[PDB]
J.: 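Before I ask anything, here is the structure I am working with.
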Amino acid sequence: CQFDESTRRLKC
Amino acid sequence: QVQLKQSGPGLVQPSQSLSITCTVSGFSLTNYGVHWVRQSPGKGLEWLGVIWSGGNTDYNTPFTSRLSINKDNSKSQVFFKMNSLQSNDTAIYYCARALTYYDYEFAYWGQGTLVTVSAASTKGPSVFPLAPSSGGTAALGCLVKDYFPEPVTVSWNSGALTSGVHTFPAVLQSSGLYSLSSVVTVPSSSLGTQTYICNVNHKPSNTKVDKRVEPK
Amino acid sequence: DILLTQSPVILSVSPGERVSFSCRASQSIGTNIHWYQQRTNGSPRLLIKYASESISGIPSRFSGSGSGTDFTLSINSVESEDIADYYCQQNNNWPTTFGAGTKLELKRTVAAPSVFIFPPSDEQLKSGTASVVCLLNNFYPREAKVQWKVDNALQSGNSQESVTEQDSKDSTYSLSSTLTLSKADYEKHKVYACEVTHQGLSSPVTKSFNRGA
């Protein structure tokens, strides 16, 4: 999983 | 109430410096230290440093050389500055305060400052209507096209409309510019009575647009 | 630096069920561990401090335990508002470090999307670019197919998709598919169709318009 700055959520 | 409010998001060129201001209220910088934390795609959450009540500073080891924290007790401002940024220094940067003056359990956070490291230039977006035209429920929205960098804020009717709002994550186009849509579902019988405005603000470019969305 | 390993990376549970998060440390850190919640476009919210102590204003379904190297955050009856990522933080050794986080997803009943299609606005056509938007609204689960067709010609490579995170109230997703043409191409064609395939529909649903009318 990587953190996503747009949503501030982890995208797996 | 206790709050921390940081300065706006924006673009910093490669090898250039980053500067964020953390303004606090509900407590005094002479009684609590202020910490700085970032959150990046590559390294996740990452403690950067702290300035204590007495003005002393600690910096996480890989940042000792390019980090400097200062403050102004009278004006309740903490100043964050980091030197020579690279691409992997793009992250959400936060200021935060702990529960007790000496500790590290972060009960209060700033709203965050998304920082983009790019030699590209800022560009405001164009705002286009997604005009309505099943079962008495009408869908409408706004197209926020061709801006850089992230982020952009969208609301509806100056904040008074939130139920049924979906604002989609931005997507990076082949041009290198971002794009998103923001939609809302409303009763179709209310399209004759109500006005529907999407409030778009792209702070990196000082672009602020209210777009009225009507049936064609 | 202490390494913090959170397991697993994704948790998928149903409402009212119990759920546990795991945080393991590369060496003993006593009870010097803190937990955080991060909702969509939020900043971290402090849930538990020192493995097990409660935080003012945090609902009682949150609790934590553990000591040494193995720690557990628990939600004894999960709710839709709990959809978020969860991190752990150690502060027994300098510098304080965070784990990589666990994503919490919620299962719910199958919901079919409501499909809407928007032609491009005359305002956008004045810049020589056309955006056709197809909206799939409030559906579960996340997997769905959007197939674009212009004058019965299949479109490939000229559309982009964006999906919301899970809604905190009804646990649904919404999707936008945007088909992007030049203005010249858009004016040369007539029938613009968006076909949607989803588990909640017994047939593909097609929303279309004729340029003009």
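In this entry the chain letters A, B, ... are assigned according to the order of the sequence lines. Residue numbering for chain A follows the PDB entry; the residues present correspond to positions 1-12, in that order. We're sticking with the PDB entry numbering for chain B, so the shown stretch reads 1-133, 138-220, in order. Numbers in chain C track the PDB entry; the residues on display, in order, are 1-213. Every heavy atom of this structure was used, including side-chain atoms; hydrogens, water molecules and symmetry mates were not.
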J.: Report the name of the drug modeled at chains B and C.
T.: cetuximab
J.: Between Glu165(C) and chain A, which part of the residue has a heavy atom less than 4.5 Å away: side chain, backbone, both or neither?
T.: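 Contact with chain A: side chain only.
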J.: Counting non-hydrogen atom pairs separated by less than 4.5 Å, which chain of cetuximab (chains B and C) has the most with chain A?
T.: chain C
J.: Check each atom of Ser43(C) against the heavy atoms of chain A and say whether the ones under 4.5 Å are side chain, backbone, both or neither.
T.: both
J.: Do you know which of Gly42(C), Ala100(C), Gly101(C) has the most heavy-atom pairs under 4.5 Å to chain A?
T.: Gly42(C)
J.: Heavy atoms under 4.5 Å from cetuximab (chains B and C): which residues of other chains qualify?
T.: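 At that heavy-atom cut-off, the residues are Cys1(A), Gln2(A), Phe3(A), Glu5(A), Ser6(A), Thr7(A), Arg8(A), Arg9(A), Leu10(A), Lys11(A), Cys12(A).
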J.: Could you list each N or O donor-acceptor pair linking chain A to chain C (cetuximab) at a distance under 3.5 Å?
T.:
| unit_1 | atom_1 | unit_2 | atom_2 | d |
| --- | --- | --- | --- | --- |
| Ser6(A) | O | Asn41(C) | ND2 | 2.9 |
| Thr7(A) | O | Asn41(C) | N | 2.7 |
| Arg8(A) | NH1 | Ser43(C) | OG | 3.4 |
| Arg9(A) | NE | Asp85(C) | OD1 | 3.3 |
| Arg9(A) | NE | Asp85(C) | OD2 | 3.0 |
| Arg9(A) | NH1 | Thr40(C) | OG1 | 3.2 |
| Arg9(A) | NH2 | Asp85(C) | OD1 | 2.8 |
| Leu10(A) | N | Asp85(C) | OD2 | 2.7 |
| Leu10(A) | O | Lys103(C) | NZ | 3.2 |

J.: Do you know what name the PDB entry uses for chain B?
T.: Cetuximab Fab heavy chain
